[PDB]
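Entry overview - Carbonic anhydrase 2 with levosulpiride in place.
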Amino acid sequence: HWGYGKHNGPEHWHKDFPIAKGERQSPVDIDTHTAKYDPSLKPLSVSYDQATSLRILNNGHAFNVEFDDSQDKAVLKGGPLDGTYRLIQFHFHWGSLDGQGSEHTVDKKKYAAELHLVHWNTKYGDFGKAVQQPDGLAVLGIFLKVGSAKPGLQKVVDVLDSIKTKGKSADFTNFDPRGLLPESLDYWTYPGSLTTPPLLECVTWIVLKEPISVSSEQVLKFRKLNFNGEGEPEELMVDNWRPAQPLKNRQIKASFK
Ligand SMILES: CCN1CCC[C@H]1CNC(=O)c1cc(S(N)(=O)=O)ccc1OC
Ligand SMILES: [Zn+2]
């Protein structure tokens with residue numbers, strides 16, 4: 001089965017998932033000098049107010065926090081999105097070290113981790129149908145510096161012991177994801193894919209410029225998680241990121257100067 005090691009890693013993914021060498025794969029490197037301001041972009045609308053988180057899960061790849069997406073209560077509009085995308089889950093990618101962990105790079109620079117808040121276009125009814133469409137999903141990417149602690153992440157960090165190994169899941173109601181947001185909503189956007197299998201090319205990417213600082217103690221607990229299942233050889237969940245991909249025939253736009 002696919003993973004992040006030497007024998008099942010990203011370089012082995014094209015065999016079971018030929019789209020890996022597709023035309024719009026993610027992540028990519030965002031060259032800040034060639035990225036172009038897009039006057040045509042409508043202001044981004046993040047409305048995670050009546051967001052209802054339910055549980056967190058270790059899927060032997062990351063840890064995800066799930067949301068009731070049975071109403072338009074947490075939504076992402078505006079910017080490149082011509083529609084309304086509903087929040088369903090969010091998850092992280094981090095490294096074994098602070099100088100790596102992010103999936104997207106900025107001028108080749110690699111962050112300690114990267115946050116993916118995931119949304120699906122409501123005109124397609126469910127997520128299963130959404131994922132089969134070029135404009136199916138929109139994912140909000142936020143970078144993570146190691147520095148000062150992020151309070152709105154700690155409630156997450158503290159429940160990570162109860163979901164150490166693949167298959168485990170704990171209750172995670174009443175978490176507000178707005179705490180994970182940075183100050184500015186300035187972003188690069190491009191047409192991309194999922195960054196793990198099945199690597200479907202169904203995603204509009206909105207990667208924010210301004211990262212969040214999390215403490216060294218915080219990201220350290222992400223690293224204490226296991227890839228393996230209970231009572232198996234202990235693989236540490238670290239470096240769960242796919243390297244940047246050929247941009248090919250794509251422009252990374254920007255929402256500023
Ligand atoms: C827990 C909810 N699951 C079941 C239903 C929705 C799904 C959530 N997963 C994803 O949307 C997803 C996102 C990425 S990404 N944005 O590139 O980081 C990569 C692979 C993914 O799934 C295979
Ligand atoms: Zn991701």
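Residue indices begin at 1 and follow the sequence shown. Computed from heavy atoms alone, side chains included, the values below leave out hydrogens, waters and symmetry copies. One-based numbering, in listed order, for ligands and for the atoms of each.
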(request) Give the place of levosulpiride in the structure, all copies included. (result) ligand 1
(request) Return the residue and heavy-atom distance (to 1 Å) for the UniProt active-site residue of chain A nearest to levosulpiride (ligand 1). (result) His61, 8 Å
(message) Quick check, please: with a 4.0 Å heavy-atom cut-off, which UniProt substrate-binding residues in chain A are near levosulpiride (ligand 1)?
(response) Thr195, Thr196
(request) Check the entry and give the organism for chain A. (result) Homo sapiens
(request) Using a heavy-atom cut-off of 4.0 Å, name the UniProt Zn(2+)-binding residues of chain A that are that close to levosulpiride (ligand 1). (result) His91, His93, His116
(request) Provide the UniProt domain of chain A home to most residues in contact with levosulpiride (ligand 1). (result) Alpha-carbonic anhydrase
(request) Tell me which other ligands or ions sit under 4.0 Å from levosulpiride (ligand 1). (result) ligand 2 (zinc ion)
(message) I'd love a list of the residues lining levosulpiride (ligand 1) within 4.0 Å - heavy atoms, by chain and number.
(response) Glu66, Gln89, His91, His93, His116, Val118, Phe127, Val139, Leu194, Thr195, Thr196, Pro197, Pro198, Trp205
